[PDB]
4 protein chains.
Amino acid sequence: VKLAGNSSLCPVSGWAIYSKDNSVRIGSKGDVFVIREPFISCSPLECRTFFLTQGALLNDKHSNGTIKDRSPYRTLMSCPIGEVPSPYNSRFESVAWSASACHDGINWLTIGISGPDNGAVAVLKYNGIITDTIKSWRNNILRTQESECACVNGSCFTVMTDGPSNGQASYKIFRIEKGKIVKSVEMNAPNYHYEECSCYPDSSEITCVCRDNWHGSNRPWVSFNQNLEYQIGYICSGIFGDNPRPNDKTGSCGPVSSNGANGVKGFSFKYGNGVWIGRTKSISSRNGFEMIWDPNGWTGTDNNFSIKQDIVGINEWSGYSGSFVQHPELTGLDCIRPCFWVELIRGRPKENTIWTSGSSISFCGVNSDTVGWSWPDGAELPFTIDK
Amino acid sequence: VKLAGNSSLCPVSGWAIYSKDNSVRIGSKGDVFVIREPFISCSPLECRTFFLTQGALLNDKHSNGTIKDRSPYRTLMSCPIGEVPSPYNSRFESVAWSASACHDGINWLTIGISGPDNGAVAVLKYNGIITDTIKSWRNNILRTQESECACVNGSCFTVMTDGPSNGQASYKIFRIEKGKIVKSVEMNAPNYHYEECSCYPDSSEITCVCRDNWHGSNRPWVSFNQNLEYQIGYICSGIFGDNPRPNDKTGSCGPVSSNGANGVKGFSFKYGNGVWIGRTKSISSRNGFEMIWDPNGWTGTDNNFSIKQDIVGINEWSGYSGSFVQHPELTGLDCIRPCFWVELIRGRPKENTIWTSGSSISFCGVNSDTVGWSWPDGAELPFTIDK
Amino acid sequence: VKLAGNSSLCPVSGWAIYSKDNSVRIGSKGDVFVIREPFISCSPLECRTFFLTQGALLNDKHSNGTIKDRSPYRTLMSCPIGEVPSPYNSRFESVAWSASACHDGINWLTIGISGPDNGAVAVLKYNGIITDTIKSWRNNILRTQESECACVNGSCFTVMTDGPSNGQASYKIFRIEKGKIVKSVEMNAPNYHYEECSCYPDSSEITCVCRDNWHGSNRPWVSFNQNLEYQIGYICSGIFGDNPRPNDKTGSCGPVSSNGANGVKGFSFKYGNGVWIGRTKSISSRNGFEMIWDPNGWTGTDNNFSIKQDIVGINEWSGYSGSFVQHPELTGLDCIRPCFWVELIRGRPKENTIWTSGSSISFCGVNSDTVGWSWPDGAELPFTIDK
Amino acid sequence: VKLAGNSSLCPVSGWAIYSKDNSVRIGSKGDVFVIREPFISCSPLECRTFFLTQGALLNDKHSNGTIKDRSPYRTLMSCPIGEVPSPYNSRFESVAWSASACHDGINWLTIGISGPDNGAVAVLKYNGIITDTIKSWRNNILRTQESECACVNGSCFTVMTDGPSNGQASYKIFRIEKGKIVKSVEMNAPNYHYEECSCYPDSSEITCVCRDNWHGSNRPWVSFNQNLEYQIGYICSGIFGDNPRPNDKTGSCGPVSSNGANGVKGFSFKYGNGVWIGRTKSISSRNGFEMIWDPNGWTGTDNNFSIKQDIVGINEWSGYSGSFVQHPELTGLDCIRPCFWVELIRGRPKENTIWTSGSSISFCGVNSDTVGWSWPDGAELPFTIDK
Ligand SMILES: CC(=O)N[C@H]1[C@H]([C@H](O)[C@H](O)CO)OC(C(=O)O)=C[C@@H]1NC(=N)N
Ligand SMILES: CC(=O)N[C@H]1[C@H]([C@H](O)[C@H](O)CO)OC(C(=O)O)=C[C@@H]1NC(=N)N
Ligand SMILES: CC(=O)N[C@H]1[C@H]([C@H](O)[C@H](O)CO)OC(C(=O)O)=C[C@@H]1NC(=N)N
Ligand SMILES: CC(=O)N[C@H]1[C@H]([C@H](O)[C@H](O)CO)OC(C(=O)O)=C[C@@H]1NC(=N)N
Ligand SMILES: *[C@@H]1O[C@H](CO)[C@@H](O)[C@H](O)[C@H]1NC(C)=O
Ligand SMILES: *[C@@H]1O[C@H](CO)[C@@H](O)[C@H](O)[C@H]1NC(C)=O
Ligand SMILES: *[C@@H]1O[C@H](CO)[C@@H](O)[C@H](O)[C@H]1NC(C)=O
Ligand SMILES: *[C@@H]1O[C@H](CO)[C@@H](O)[C@H](O)[C@H]1NC(C)=O
Ligand SMILES: *[C@@H]1O[C@H](CO)[C@@H](O)[C@H](O)[C@H]1NC(C)=O
Ligand SMILES: *[C@@H]1O[C@H](CO)[C@@H](O)[C@H](O)[C@H]1NC(C)=O
Ligand SMILES: *[C@@H]1O[C@H](CO)[C@@H](O)[C@H](O)[C@H]1NC(C)=O
Ligand SMILES: *[C@@H]1O[C@H](CO)[C@@H](O)[C@H](O)[C@H]1NC(C)=O
Ligand SMILES: [Ca+2]
Ligand SMILES: [Ca+2]
Ligand SMILES: [Ca+2]
Ligand SMILES: [Ca+2]
Ligand SMILES: [Ca+2]
């Protein structure tokens, strides 16, 4: 039965651990896909991990040069949450080097993007049957969330970007029903840069927090209702949420240009003026991960904050992070539950290997007791294939 | 419920990618089967890849000599589409060095041929229970589709061949109900040659686009109704569909004698006088893949066409291709949906290995935007076991 | 719903091939159990392979010594017919160095004998739950069918043997209901020897063909009814069933003493005074396999016969062989369908390895065309673990 | 339906072997989790083995140092009884270096503890959804059963411990409904020590037999009803159940201090004044396992017993052990069947390897015959990774 999507977000005081797959540790001996850009999505029955394979296994030669982002071998697959991504336990979803997925309560919708950099095509599938396509309109790397899309009342919403990664690009919001694109809209957003949006449903409204690769080290947000009427802004908190970023100082309601180029995929959950900010501990590279509660972070520009929970220690490897939710239909609760995941990138460029891959951890928001710790990857690199 | 088969083949403008298994790249380290002759068939609930294994895993010594077509070791097996053929995720079907399979909407029918070239016998299983057999009637390598068979309203149809591959052979058309051969017609087709027929339902009638190993570098076709009343012909288009073949020029409505000896198994979708042709990019070897829409190719003999979509690059290994459909029962559509797959042959006789295996890719037709690319095998040869 | 057991054996002219797993070949790389004593039994829904693992993998140090018949590491496991027996696809049944299994149409019954040679205990499970045991009554290797028990009207029947192999031992029949033993009878068989019976239902009565390891080169048989009233004898046919055996001569209704010591597990199907005989092709060793129809060979001492179908050629390894049946409730037929499996033993003591394991092929009785051939194991010995 | 747990515990005279996984043997070559602390729990439909992985595989470098008790890499996982703990056959439960699990008849409840030693948080999942948490209240290694919690009429019960391992600590009992902690009680147990309780239901009440790591060589117990009203004491039998322990002699209803320090997880079944004691055969180290019937052991301090049964030999490594039950809803009996499992520890600290892992065996109480034997782990150490 379809997901109502009309409840508010559970107010949550801390983050309890939900999963860890240990993929790279196990992959040293096991048959584990080289993957990256992993994410989690839940259905009214199960929660799955979705990932982009590199069409190759760990500690094998075809993991050579897998730092590369796009190829015709990359595919989106999924497995149950907490299990290593394996040829022997993973469902095939689509051929993709950029992807999103979610479940309307009835069926899985997956969006996979493959093809040339200047002509990429997005394949929408509803219950594994192709239902639509969307072709690149700016002819410069069509790309999407690498996180769950968001479903409200039988409709599913996503953001896509085409254009430069180092200047003004174009951003469309899609509304999908049964894998059919039924409405789209181009955000008129001069000086904003949106990428890899982390989008969640909250009171029949979608909110997305994204990646400014052009010139923002804080995150841009876009929010919109079912009719794709949208609002936009930047998270005003001087506790910056991108990577790279400056040391915390007074923030902006626009893109903080200082250390704003490049970035990483991230998320934040909005509660009124308050915001839960997921972020790396290191300001210069993908190490560490922490969760911060700033009661005025969404719209205030100061950097004072209340709560910090540690998730990955400063000296340990992190990467992408995304939001995922559990709906009352699955949870039984009166509200939609905030969760987040963290990719733990290993290999190139930071380590001396011929390959890049990641594992994952995940957390769900609660009001009961919670603890900070460090849950890093744990693999001893380099592996045998590097010698 | 059983598949109606009564609707018309969906009009398609371009092909969107559906699956890529990366079977060979992953076979480097993983436990994957040496396979060839893969193909895809759907039930109303799921789509599956079928394949003949060589009863052997990749990068093991038992892949030695796997260029050989027939042995008592080959078994027909299947796994969910897009996944790698591994003995951990594969379902056993039959013992076979030539096969066919299809689902009538109720249960899977499979046909596996094994035994000596002198008098091989086909075994028919319905829900995995032997339900009929048929023995060679010319004592010269009884062989069938290596493709999905077609089903319309409870009856399933396939095409078998017995006899020379380099001259006149015998051709039988079968009607199969619940696993039992209930009718067969011997085809009166002197100077026609049919092997490895790709067959699909289209308005309660079946169309087969097959291979002429004898003396045609265009493709033989046979249409028939439920009572196995048939019409035979050849694809008239000057965009010759076989491999090997001559350069494109004036077509013929009989077999195109030039470079007609030998062949690859292939497919085509008929649309009035038009034809959607899928073929190799090279005219001399199993390399490259492309779809061509010839608006008059079924009946006309020019080599003119209106659309070309690139599937596999010219310089990269391809091989077999075959048709498959997705019925309204599976899709919700009011038409039978045309799809296809391409086997990607690796190793012998073209490459310096001790083995021959294949990976697969597949596409389904749409009217929405699409793009041509190259989605090749990707593995680096030779492997550890060749060295 | 219960297996009826009330219908007759299907008359069958020949044997169509049904499964081939390629276990030892695949085991050269893939993670495959070293097993032996495999056998097939079918529920009214699926057919499974039961095997006795040695609790080790192929090509690993622990396969060392696997010629050993008994140990505390041997477990009875289960996998889908034709698939390779591995930790990744097999189901745990019982701890066992001698076993039996059969489905009554409601649930699986399993019988797993383990423990010391001088006081073994058979554990009976019904639907995975233990439901009875029985202690050795002769304190010399309590041992049983190594092949499917036969079921009629909700009761399941088996034969077990306890005592010496070099002479006269003791033999009991059992009627098991819901995994409870409800009746047991000791066969009064002075000068008969019974081991590893292949038992099949047929017109509500059980017929077992067994193994004389003591002094009989033709095969002993017990027939009984639902009340365990029984008749015994030997297969009269001059076509000697057991191996080792003499060359074919005139036979006897009692134990043929010429080459009567030792033996191999085997099977045969009775049809009136006729008999279908499955046996090795060699008279000295476990090589070859062939099926033979002697229309009077059940009661007639003549060495004539009218059908010989090749299964495994004389120069190839074979070994154990048993009967398995398929009931109407699974096939929709109007009778009980005979089928058999052959185990293909590789390694010690005939081949220079540190291990003994085996693969399996199976056939089912049909009335349409069949051919004979050779379907051997086909692995190249010795393995890496032997070098 | 939800388990009643109102029947009494089925009285038994011996223990028949139920399952053996052969983990470390299979792990030599195959992809098997480095684990420890395994336990069995059962739903009304199936039986599963839970285990605490070390986020690594046997015979891989990542198993290095796996003698450490707690780490971020440790996760609670489960698989079907008797299958090896594999990335390919095993399910993710939660992240845990301490755990319990049980099934109320409707859904699996899991508890996983992770975090710092001074801050560990127990996360509770019901059907894989986080439903509660409980944090360390004494800041000293929060820990739980390492076996199945017991279930009664929709409520599940567990015991937890926080505090010193070598002195007075804090013990608490919990009532869990659908994953919600509904009631908890702190035991007033001065001069007692509780850890790793084995808890079973018996006539709508809960009996836990535990471990005194402080100063007790016999095991403590705590019985309680659904309302969390409890009585406490120590197993009075002079046949001591802990390890290390001193020589069997006269017992005590309080802490027997000789060798009292330290211990090993165990179990025992109460039968009026009678006790079924499971214990290692060595008094100094985890070697061997035996079952012993002391008809007055619960309340009488003499060291006489009626039955002893050999499980694992003295010259073989044992390890942990615990109870598990098979409710009438699963077996069909009218009592709650007692069953136990034994962890067979291999590697450090007792052997020359870099790793530690455990295999397992299980037994079920019967009334029919059994046999004493020795089903030891059977692996040949060291492995290649230790060389
Ligand atoms: C489509 C694509 O390649 N997206 C990139 C992403 C991208 O380059 C930046 O956002 C710039 O626009 O960089 C990130 C990254 O790790 O920084 C990897 C992504 N990899 C893939 N999704 N495969
Ligand atoms: C039964 C059989 O061996 N069919 C052959 C096929 C055939 O020989 C030609 O069509 C000539 O008749 O050639 C093709 C081929 O790749 O050319 C491989 C097929 N291999 C398998 N189907 N196994
Ligand atoms: C219980 C037992 O050990 N059965 C033996 C069997 C036996 O030796 C003969 O029947 C003689 O008594 O021979 C066969 C055999 O290979 O000849 C192996 C069996 N091995 C196993 N089933 N484990
Ligand atoms: C939570 C924890 O660390 N538990 C320890 C346990 C513990 O040290 C003792 O009970 C005393 O406090 O000892 C046992 C043990 O081997 O004796 C291993 C346990 N390993 C795991 N549970 N992970
Ligand atoms: C939300 O959706 C439910 C289910 O359709 C509906 O009954 C209810 O009216 C809505 N309640 C709110 C405002 O959350
Ligand atoms: C990876 O690639 C480079 C060239 O692209 C090559 O030099 C190197 O040997 C490769 N590594 C492996 C192990 O294949
Ligand atoms: C949900 O879906 C239907 C689709 O027609 C729509 O009409 C209705 O307004 C929606 N109800 C809500 C917002 O709960
Ligand atoms: C064939 O197609 C028509 C139109 O879709 C449908 O109404 C009819 O039920 C089908 N016929 C049969 C016999 O199933
Ligand atoms: C395969 O067999 C060939 C002979 O055809 C032999 O030359 C080669 O060494 C073999 N390769 C392997 C690794 O088995
Ligand atoms: C097998 O057994 C023998 C005798 O114990 C031993 O010496 C040999 O090395 C073993 N082979 C293995 C374990 O590879
Ligand atoms: C256990 O509970 C069930 C349901 O209330 C009941 O039918 C049964 O008799 C009970 N047994 C007792 C009370 O011992
Ligand atoms: C395990 O631990 C020690 C210390 O890290 C190291 O010296 C040793 O080489 C390791 N062993 C392996 C094979 O990883
Ligand atoms: Ca940035
Ligand atoms: Ca040709
Ligand atoms: Ca004999
Ligand atoms: Ca005769
Ligand atoms: Ca103690």
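Sequence lines set the chain letters: A, B, ... in the order given, protein chains first and strands last, and positions in each chain run from 1. First listed ligand is number 1; within each ligand, the first listed atom is number 1. Looks like X-ray crystallography, 2.7 Å, at least that's what the header says. Both backbone and side-chain heavy atoms feed into the values below; hydrogens, waters and symmetry mates do not.
As PDB records put it, the drug at ligand 2 is zanamivir. Of the chains in this structure, the chief binding partner of zanamivir (ligand 2) is, as the PDB entry puts it, neuraminidase. In contact with zanamivir (ligand 2) at heavy-atom distances under 4.0 Å, by letter: B. With the cut-off at 4.0 Å and only heavy atoms counted, the binding site of zanamivir (ligand 2) comes to B/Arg36, B/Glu37, B/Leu52, B/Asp69, B/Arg70, B/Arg74, B/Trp97, B/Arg143, B/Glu146, B/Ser165, B/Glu195, B/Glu196, B/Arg211, B/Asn213, B/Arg286, B/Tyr320.
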